[PDB]
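See below for the structure under consideration.
One letter per chain, A onward, in the order of the sequence lines. Chain A is numbered as in the PDB entry; shown residues: 1-129, 138-217, in order. All residue numbers given for chain B refer to the PDB entry; the residues shown span 1-210 in order. Shown for chain C, in order and in the PDB entry numbering: 26-168. So this one's X-ray crystallography, 2.7 Å, going by the header.
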Amino acid sequence: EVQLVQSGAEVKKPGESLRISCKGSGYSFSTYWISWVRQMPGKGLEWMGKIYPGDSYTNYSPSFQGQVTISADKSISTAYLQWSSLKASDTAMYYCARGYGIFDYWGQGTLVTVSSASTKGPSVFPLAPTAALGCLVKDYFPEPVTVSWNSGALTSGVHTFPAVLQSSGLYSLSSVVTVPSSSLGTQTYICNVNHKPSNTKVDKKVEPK
Amino acid sequence: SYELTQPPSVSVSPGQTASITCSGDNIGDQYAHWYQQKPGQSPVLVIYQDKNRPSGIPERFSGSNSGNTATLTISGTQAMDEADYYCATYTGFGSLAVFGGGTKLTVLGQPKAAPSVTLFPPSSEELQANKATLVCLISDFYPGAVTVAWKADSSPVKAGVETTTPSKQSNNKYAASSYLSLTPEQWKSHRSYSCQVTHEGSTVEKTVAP
Amino acid sequence: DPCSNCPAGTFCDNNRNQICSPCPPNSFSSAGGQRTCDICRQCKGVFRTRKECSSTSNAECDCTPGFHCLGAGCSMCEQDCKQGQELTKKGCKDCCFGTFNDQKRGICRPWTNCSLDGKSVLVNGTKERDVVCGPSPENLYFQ
Ligand SMILES: *[C@@H]1O[C@H](CO)[C@@H](O)[C@H](O)[C@H]1NC(C)=O
């Protein structure tokens, strides 16, 4: 069966170099173009450029000209996508597809994640307020982090948002619950954030001001 | 190089046909290909060469291409068709392929809900830690597609912000968040901070000041 | 649990006293233990029948002569062109000067530039074949 198997997920640091591969089995690898496609987290598909492995001729879109290098070692039926210095803007999902126009086969995609892997503990800040009481945890590494409200009690109408990568390379998320505006001073609301890698577990109550 | 424009969000009702346009200068001179992609899954082609359908794709998927618009048509749209759709083309001029911006086809299962936006000024503890992080929380909206705009006294800011992707919550409505990480000096330097959140054309705003 | 004893080429109907029934015509079951058989692919239109269907294997399609298979299981058929041509929407067009295509499919790509490395062109390229460069100036005049 024709298959395109890609490299495993990569976790690099800014400035490091990286090269992912795309091994195409089940067909004459030399006479089919291999295109690399970028997909940022939550964004669309971006054609980066193609390569004909027969004679290693390469092509690039204007958005990626001079940003990456595409190479192919046809002796082992493998195409490559190479960086020289990774920027934090390079965190995305990188698919390889067979073809110049019609992409009839797609690899499982290679995930790259560039960040300063020095694991840091999160700082918890409250959000004073049917009103909205919130809990903010910022600047931690790595994932994941779970937030329980009142020791896993308040489960109705509580939401925990997915993490986001700041410009510093450290994560951040907020947890919020829609407590009725009537109940305020009667019951003190408190979150419970637990950062497993840094063994961090800290609670803080959200009160008005 | 070449640019292909498709609307970011198209809604349709169960059983009624959805049309998704892919507009580019003289795209009708090229072959248009449509790719479907679902969460955590590689893109799969649904229509190739303007009108042709691959084996295994339901016959409700339809495609046409003429003039400056290629369009994907889905008769009797069912819930399994709710996914992102990307048009693509290859032009010999420059010999490059280009994807459209992507269209999230939502199959309506609930009424459209306007987003409830909440803006929290930074806590005094964060303010004491020489850190200013304005947070804007969008909740209870549907379909799940919003763009946020950060205003600092009728002025845009884009250098220090990152926003999340809409995710369904307990009551199946969507929710998102936006984090503006400012400086405590730049915080007290401007008059007001508004969080402009646009959803299905309509834009709601929420401002907070010291 | 009881349906596991039905092999490929049958489907499981618990309403039967003999639950394993063979697939009807134009139908196959390739794994076994299934409550239904799939309908054989028909290789219609621009498709052609390579291996006809059976009770345990789906029909396998290839394209008509003037076409070539694309996609898993030959799901698509793109029109063949000649060598030295490429496929554009207006039809099969000859490769422009400076480009070539050695396949009955795909696009034209440019010749390897021998002048970039200071080499003369030994044999002229054509629409079908790439150029062949001469030796570098180091072997041609210095070794
Ligand atoms: C290559 O073609 C050019 C143009 O016709 C001709 O002038 C030249 O002599 C040819 N050289 C060889 C080595 O065939």
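At chains A and B, the PDB records name the drug as utomilumab.
The main partner of utomilumab (chains A and B) in this structure, judged by heavy-atom pairs under 4.5 Å and named as in the PDB entry, is Tumor necrosis factor receptor superfamily member 9.
Epitope of utomilumab (chains A and B) on chain C (heavy atoms < 4.5 Å): C:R66, C:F72, C:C94, C:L95, C:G96, C:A97, C:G98, C:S100, C:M101, C:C102, C:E103, C:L112, C:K114, C:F125, C:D127, C:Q128, C:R130, C:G131, C:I132, C:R134, C:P135.
Using 4.5 Å as the heavy-atom limit, the residues of utomilumab (chains A and B) facing chain C are A:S28, A:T31, A:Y32, A:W33, A:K50, A:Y52, A:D55, A:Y57, A:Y100, A:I102, A:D104, A:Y105, B:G28, B:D29, B:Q30, B:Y31, B:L45, B:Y48, B:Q49, B:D50, B:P54, B:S55, B:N65, B:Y90, B:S95.
Listed in the PDB entry as the source organism of chain C is Homo sapiens.
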